[PDB]
*Asks:* 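What follows is a single structure, and I will ask about it in a moment.
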Amino acid sequence: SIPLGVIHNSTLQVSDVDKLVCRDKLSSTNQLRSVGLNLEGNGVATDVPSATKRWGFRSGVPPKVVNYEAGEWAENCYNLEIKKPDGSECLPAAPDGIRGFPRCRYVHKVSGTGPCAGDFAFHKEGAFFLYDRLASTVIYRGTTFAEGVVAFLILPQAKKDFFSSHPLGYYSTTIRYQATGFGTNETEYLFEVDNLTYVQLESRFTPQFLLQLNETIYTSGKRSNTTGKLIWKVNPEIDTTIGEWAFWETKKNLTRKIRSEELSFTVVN
Amino acid sequence: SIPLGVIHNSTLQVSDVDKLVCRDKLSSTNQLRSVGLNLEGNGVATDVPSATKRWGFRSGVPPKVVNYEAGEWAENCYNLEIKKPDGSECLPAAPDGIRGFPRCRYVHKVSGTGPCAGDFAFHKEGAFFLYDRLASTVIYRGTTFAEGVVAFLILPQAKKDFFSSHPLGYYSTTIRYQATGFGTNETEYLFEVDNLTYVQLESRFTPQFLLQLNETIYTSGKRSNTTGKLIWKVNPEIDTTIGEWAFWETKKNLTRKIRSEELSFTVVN
Amino acid sequence: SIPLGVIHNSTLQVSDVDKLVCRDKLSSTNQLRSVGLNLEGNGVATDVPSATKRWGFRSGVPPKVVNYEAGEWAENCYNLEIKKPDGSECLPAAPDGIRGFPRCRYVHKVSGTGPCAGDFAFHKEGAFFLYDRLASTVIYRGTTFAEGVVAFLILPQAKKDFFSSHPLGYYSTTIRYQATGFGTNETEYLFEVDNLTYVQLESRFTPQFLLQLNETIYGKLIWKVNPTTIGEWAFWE
Amino acid sequence: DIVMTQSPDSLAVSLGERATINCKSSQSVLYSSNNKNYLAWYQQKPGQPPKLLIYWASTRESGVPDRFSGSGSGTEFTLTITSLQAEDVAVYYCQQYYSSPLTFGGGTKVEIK
Amino acid sequence: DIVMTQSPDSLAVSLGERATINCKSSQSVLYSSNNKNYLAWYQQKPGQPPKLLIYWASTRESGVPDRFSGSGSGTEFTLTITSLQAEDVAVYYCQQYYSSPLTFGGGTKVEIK
Amino acid sequence: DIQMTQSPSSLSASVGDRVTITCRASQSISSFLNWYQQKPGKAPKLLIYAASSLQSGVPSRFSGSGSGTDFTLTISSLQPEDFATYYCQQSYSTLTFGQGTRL
Amino acid sequence: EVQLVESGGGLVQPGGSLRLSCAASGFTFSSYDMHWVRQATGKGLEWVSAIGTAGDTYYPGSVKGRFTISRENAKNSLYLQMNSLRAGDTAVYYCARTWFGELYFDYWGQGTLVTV
Amino acid sequence: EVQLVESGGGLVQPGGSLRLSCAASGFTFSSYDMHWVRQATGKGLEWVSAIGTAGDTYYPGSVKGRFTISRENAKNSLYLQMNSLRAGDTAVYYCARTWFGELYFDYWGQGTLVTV
Amino acid sequence: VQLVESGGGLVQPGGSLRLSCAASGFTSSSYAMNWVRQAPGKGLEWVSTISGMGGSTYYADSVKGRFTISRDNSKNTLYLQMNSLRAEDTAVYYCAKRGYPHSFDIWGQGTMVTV
Amino acid sequence: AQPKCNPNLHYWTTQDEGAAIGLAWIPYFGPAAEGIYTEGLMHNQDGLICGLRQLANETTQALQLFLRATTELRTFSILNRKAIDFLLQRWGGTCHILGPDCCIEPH
Amino acid sequence: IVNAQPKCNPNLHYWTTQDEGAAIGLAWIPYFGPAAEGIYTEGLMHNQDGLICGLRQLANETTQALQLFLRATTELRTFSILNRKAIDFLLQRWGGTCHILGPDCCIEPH
Amino acid sequence: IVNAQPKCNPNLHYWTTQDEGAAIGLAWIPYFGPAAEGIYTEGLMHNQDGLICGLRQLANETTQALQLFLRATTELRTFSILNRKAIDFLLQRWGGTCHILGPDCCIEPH
Ligand SMILES: *[C@@H]1O[C@H](CO)[C@@H](O[C@@H]2O[C@H](CO)[C@@H](O[C@@H]3O[C@H](CO[C@H]4O[C@H](CO[C@H]5O[C@H](CO)[C@@H](O)[C@H](O)[C@@H]5O)[C@@H](O)[C@H](O)[C@@H]4O)[C@@H](O)[C@H](O[C@H]4O[C@H](CO)[C@@H](O)[C@H](O)[C@@H]4O)[C@@H]3O)[C@H](O)[C@H]2NC(C)=O)[C@H](O)[C@H]1NC(C)=O
Ligand SMILES: *[C@@H]1O[C@H](CO)[C@@H](O)[C@H](O)[C@H]1NC(C)=O
Ligand SMILES: *[C@@H]1O[C@H](CO)[C@@H](O)[C@H](O)[C@H]1NC(C)=O
Ligand SMILES: *[C@@H]1O[C@H](CO)[C@@H](O)[C@H](O)[C@H]1NC(C)=O
Ligand SMILES: *[C@@H]1O[C@H](CO)[C@@H](O)[C@H](O)[C@H]1NC(C)=O
Ligand SMILES: *[C@@H]1O[C@H](CO)[C@@H](O)[C@H](O)[C@H]1NC(C)=O
Ligand SMILES: *[C@@H]1O[C@H](CO)[C@@H](O)[C@H](O)[C@H]1NC(C)=O
Ligand SMILES: *[C@@H]1O[C@H](CO)[C@@H](O)[C@H](O)[C@H]1NC(C)=O
Ligand SMILES: *[C@@H]1O[C@H](CO)[C@@H](O)[C@H](O)[C@H]1NC(C)=O
């Protein structure tokens, strides 16, 4: 008895099982649709430090997957390469059908070592991990996924009104992270600017900030040196908060731009 | 053309599909159910020697699996771990979905070696090996199953009376059998009470008797002897046959309790 | 929106979903049937040199499989055992469910080496490779298949005259080929009459002629063989 | 095809001192279903048929004295003689019955000092 | 488990010309997802702890001079010293970090001629 | 199903005291216990979000303690308004309440 | 008490045929499946054949087509018949009894030396 | 910069126990995953233990139960507790730090030698 | 910020009653509101809950087939249609809003139903 | 025909979706594979149970033949096919009001 | 018509899975039963040239839609197409708000 | 409304598999067709905030039922939920014994 939403006159009335309302008309199975809506649209924190907290590892529960016919572009998607600290596999390899989430503005690729208590990784929020029209309850290794929930819809009159046209470019950038103690409270992440330069990661940092940081490091960060890989603590030294608003929020406009000079860098050690 | 059974007023009449009586009323799929009734209820002997004879090996027939939503508690379930005399695999390894039959009072974990003349093991009587809501026509290694048959039912929708209401934790004991020549008329079984003591098994012996044998052997079994592994032969010296009645009937009947003295043990040298 | 064909009064009229015509009745699910009709029936050349041209290798497209309940006897079926010149597999191993196409009069077992650009082999014409009630878009190593197209039918009113009885003896001959440069225009085939004797292929050759070639002959030997038009008629003719 | 390799080809140790024979298998012989290792240890004294010391990696045969203790999991196993009396000079073999070929490792010869 | 094999046990070569150490893994350590080879090279000078030279099969460590060049893909790998010097004399090791047991290949000793 | 038991059925303490009220679950609930304070004759008020988290606007003196199977609530200073009865709710399955505890 | 007696063995020319007999006493022969294990003079034990209780014959690759193992329960004797013996098959052959239902060889018999 | 120091090596009677301590400086000890690596005199480097950030312990088969590794973050120290040592364990034990989130050992401590 | 309950009264055994819970200061459509029943002197038990949009209706074991609960999101009102009232149902009923562990957070003033 | 019919049926079934209200629906915070099942005993009516057992024994013939025809490794559509067939037979086409072939009750 | 294709086969020799009713033997049991090769049943439809030559066209035309449908779905193996066609047929005849006289729904008045 | 939920995204940018009818070119053929990445299509439903926002709420609400349904089912891969919803809809409206002028049956005279 999953709730089946009925769209009438561009208004969403969830259906009533017992009522068998005469009005609603299901002409064909085309009208039936499953929609996978991302969590990022729900106002949840979407940065990898906070997002990892919602994911969790448990064992003794079999993984399940569902198909969602249509999905929403996700600003942030995550690809995990977690391995156990001895190098053992932590996340199950993707089954043949499973493929990466189709449309992602920012792919957060986390490769690192973490305690891996459970056989599989599950979403503590109850949501599904969306993979290319397949919604799973378990994280699969090395496949881009966007955490989301699946909604089932009865589309209106199949008159091309909904999901057939835009009533009214795909460029995906990979933000590569490295993590230790993945899946525990004591987790630390390093944003990987390049092979030799890493930046300590905090929740405040947004993907736009991280890309700007990458540019700033490249232009004037003296990233290349013989000392070794450099881990930099970074703080935007601007009075306003960094990326409080969500991606949709205020169309991300009139947003203060943190010129390269504002960012402050110190070497952790 | 699978027979479908309609329950009217707590009376079961097979659906008159050709007659198409409208009286039967399938309001929703919740009414439709599949029941995995086990053969143990049917009154067939359930002891490992007789039960194994029903099981047979064939090649060239592909395994098929069915889904039964609900099922019956089974007094006796089996967990074959058969290997060929070389050590080569005999029973196909369990697929990912398949899991052990739930709610088994006694799990007969037969182990040992036998000639396997076929790719897969099939039920001669035509029944379905039942695994965790997935009835199968073949035996999978290492997974508890109860041989059974699947019935499709149109449940009454009056008040979710069946399978959702009682008309009005379980402890599963593993009885370990060691066997040679599994799947042939020459099969020989040893019940493994302990790691140094085994009792030669006969069909008449029932699981309750076997557990009682376990206790009696604990007292006088002379298990802790350096001589070697002991294959005891046991006879219950009583006028009536042990386990004459079925498990449902025998509890209704006055139970016969066999004293330790009555059991007779002869070493086999 | 797969076209569905309604068979009424032994005449096939594709169902018009829009018109909601009431002549057709779907008394039971049995009336619905998916039939896999072989591509050879349409008239295309069925010999290995011509048939190989249709098959092509592509990567980045996932293989898909659809079942067809009923099928047609295939005069020519192909079994492929193509390895890259290293020996690396070129065709994916057959999945558990997939099995060889049944009811093949001639099984053209092609074994050899060829460049394999794609992960999977696909049919350029858009047809399906048929495997024992499973139609797949890709070729599976070692499994006999027949090129075909699946059609979906509403059988007539449970009369069961169609596909449950014949309104109005299976012997399979395994023709064997060795190939190099399989999957490209520069492909050479020499038919394996015997272990030590081979005859080079030409497009004109038919299974019957190849079968007689064994009789005709009587350090592996490759024979160039010359016998107007041969087999201009289709197999049924 | 699991191939057993015993790490010390010879093991000279003085009387009464612990001896350890290492046994590496190409593949893990631990069975997931029962979580018990499918390995056995055989002792072949010179001039006699081999004798079954330890089975199930750790379980000790009834006749075998308590001195012989088997331990290990997964790919590699070890047999430890807590006190090596002179009468235990022999060649010690592994066996894996996890898989089809039932291979045995090359023998390890223990010699008293 | 991947077992790492370094083909030249000892590689005596004169100073100033290329020296190549070959490393073979039982099964390939090239991960499909990132197409990065999970192999590292360690240099152990006599009486010092091993120091990382080349990681990700080809990527070089910050301190390491450009003389140490590493290459290879899939199952087999190699380390090439473009010009050997007296200071380079050491035992060079392999590591595969692609699997559950971290394994180091047997060392290869280079010696000046 | 799981059965919720508050160990102290009733207890009396003076103002300014340390008191612990314990609610026990027959089977472990993963920190899904929330505490309710019901003033006598008035609708219950939520206290602890889930085992430890303290509801916004509820006095900080109330402290939520949580564990796998046994949960406790401690009142720091026993002000007179906090002398009212308390309840424990599980959220693992069926949302049962423990029998109320009387101060 | 399980006691295994082995017979046969000797010098056989390469490619010749030999029959090895393992008489068994002290246990029920039919119940227990039996194996042949050969120890090369300079090498460790190698499993060379196995017979099930039902008479099915199982061989490793080395002797896959050249060795025939047979048990006749009636007279309680087990035979390994060796054909096309090569110089490699010059080991000491031990008939072994696997434990009931298990694949470890609990009881062995004194070996018989075959020289090719 | 990064300095790893080994301590506690010595002579241990076979079957006895030894505790090895690795002090660390110049980096944040808590974040990085620390490993112990064993190098026998003639057998090359061998990985013997791993400790994660959260205290999770991983061992190879050889020391699966014999060895317990522990890290105490506050004092920047790594502890390897060796029990039931056998003759094979004699070697030079290194405490190594893998790079953040990867399994290659960037920094190795000055080795300590334990003899059984 | 306020939840108001109404409809309580005297009903003979059997029969039906409708309890109306109305939301003030909250858009009830968004939040999943719940009904909790406190028997006099016998503690609190949860009787039913609804999803925010009304798609999911959830009931306790005791009233699984007896109570029908529905939400009119337009009016920010919740209706609990008690039917076939039994003797034990003579208790005060509270309507509350879901929380982090399905926790009733804002409690409207209880209404009394007597059989 | 059956030799002995067990009069009482003890059934294990998957939990009702409506029944679960706790945050145990969450997979991570939830019952393991063993816990999902819900218990029942249909001991009240012996005749129904014996009919059910006979029905299952009779149906196994068709179920096995249907499995043979299908190429499904795992067949989960039998119930859906029964529902579709039931609807298709009741309302396949051109229901006659008065006629009992399609039973639509005029007032 | 089948004019487009160069040659249409007049005889259609079809192989189908066995009729359920056809097998009355104890061969229903999988163990005592025909192997995978033998399950198939045989038929010939040579009499009707028009029907088969139409079917071959229908297949040729429908592969266009079928391949797109397979591309859309993530089914490794797709077995629900016939069920979906049945569901569409029912939903088309009885979508809702049926009119007795109106052509939208179809039930002849008398 | 969706203020129960912390933030609602006003814009819905949806990616979906292409419609069967639109594609006419010889790109349906798998060999000549677009790769897996390219099959998708785009849309924006920004104009109507109310429907899409309600939709996010509906998805948050339905996830509980979806998870419980997955727990009960043994499906490794579940693709039948939509079909089961369809058959539920038909079984519910037209299960049987439907009065010509009744609440149970949708049928209406004239
Ligand atoms: C569908 O939508 C709902 C509604 O938005 C989502 O509900 C969210 O659930 C997540 C987790 O399931 C919650 O995050 C938690 O935050 C906690 C911190 O306190 C938060 O509580 C507030 C919620 O307010 C509502 O509930 C309270 C409690 O009754 C009422 O008082 C209040 O009036 C509201 O009714 C927020 O307002 C506040 O800002 C905080 O965010 C954490 O404690 C919690 O658990 C953490 O700690 C646990 C113990 O260590 C640990 O187990 C966890 O893993 C985690 O570390 C968790 O982080 C959201 O707060 C909650 N939102 C709302 C509005 O309730 C639901 O998740 C979503 N589901 C899907 C599938 O999409
Ligand atoms: C992280 O969780 C563990 C689990 O008990 C705890 O011991 C540790 O103190 C926690 N860390 C912090 C910083 O709270
Ligand atoms: C940002 O990082 C990318 C790779 O992620 C790199 O190619 C680019 O050079 C960086 N930016 C600048 C301004 O260099
Ligand atoms: C067992 O059956 C076989 C037939 O396969 C027969 O030859 C043999 O004699 C039978 N043995 C017994 C003890 O019945
Ligand atoms: C039966 O034997 C087992 C060990 O084989 C022992 O643990 C148990 O106590 C014995 N008795 C019963 C009643 O299980
Ligand atoms: C007996 O066998 C069991 C496993 O069945 C094992 O756990 C136990 O330790 C063994 N005990 C002895 C004394 O062999
Ligand atoms: C084969 O095709 C390739 C690629 O188009 C072309 O370069 C070559 O000339 C062709 N050769 C023949 C013989 O057709
Ligand atoms: C000829 O080849 C076949 C296989 O194609 C093989 O079975 C047969 O033994 C061979 N015969 C000779 C004489 O080479
Ligand atoms: C990082 O390493 C990779 C692999 O060697 C190389 O392709 C890339 O150019 C490197 N980038 C930098 C900035 O060093």
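A, B, ... follow the sequence lines: proteins, then strands. Residue 1 opens every chain. Any value given below was found using the heavy atoms of this structure, including those in side chains, with hydrogens, waters and symmetry copies removed. This depiction is restricted to one part of the PDB entry, and every contact reported falls within that part.
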*Asks:* So out of REGN3479, RG7155, SKY59, GC1102, CNTO 1959, what's the one at chains F and I?
*Replies:* REGN3479
*Asks:* Mind telling me which of REGN3471, AMG 509, IMC-11F8, CNTO 1959, SAR650984 is the drug at chains D, E, G and H?
*Replies:* REGN3471
*Asks:* Which chain makes more heavy-atom contacts with REGN3479 (chains F and I) than any other chain, name per the PDB entry?
*Replies:* GP2
*Asks:* From which other chains does some heavy atom lie less than 4.5 Å from REGN3479 (chains F and I)?
*Replies:* A, B, J, L
*Asks:* What is written as the name of chain A in the entry?
*Replies:* Envelope glycoprotein
*Asks:* I'm looking at chain J here. Which chain of REGN3479 (chains F and I) has the most heavy-atom pairs with it under 4.5 Å?
*Replies:* chain F
*Asks:* Which residues of chain J have any heavy atom less than 4.5 Å from a heavy atom of REGN3479 (chains F and I)?
*Replies:* J/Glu17, J/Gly18, J/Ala19, J/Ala20, J/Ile21, J/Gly22, J/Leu23, J/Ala24, J/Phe29, J/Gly30, J/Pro31
*Asks:* Which antibody residues in REGN3479 (chains F and I) lie closer than 4.5 Å to chain J, judging by non-hydrogen atoms?
*Replies:* F/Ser30, F/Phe32, F/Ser91, F/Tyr92, F/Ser93, F/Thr94, F/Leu95, I/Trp46, I/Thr49, I/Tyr58, I/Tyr100, I/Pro101, I/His102
*Asks:* Provide the name used for chain I in the entry.
*Replies:* REGN3479 heavy chain
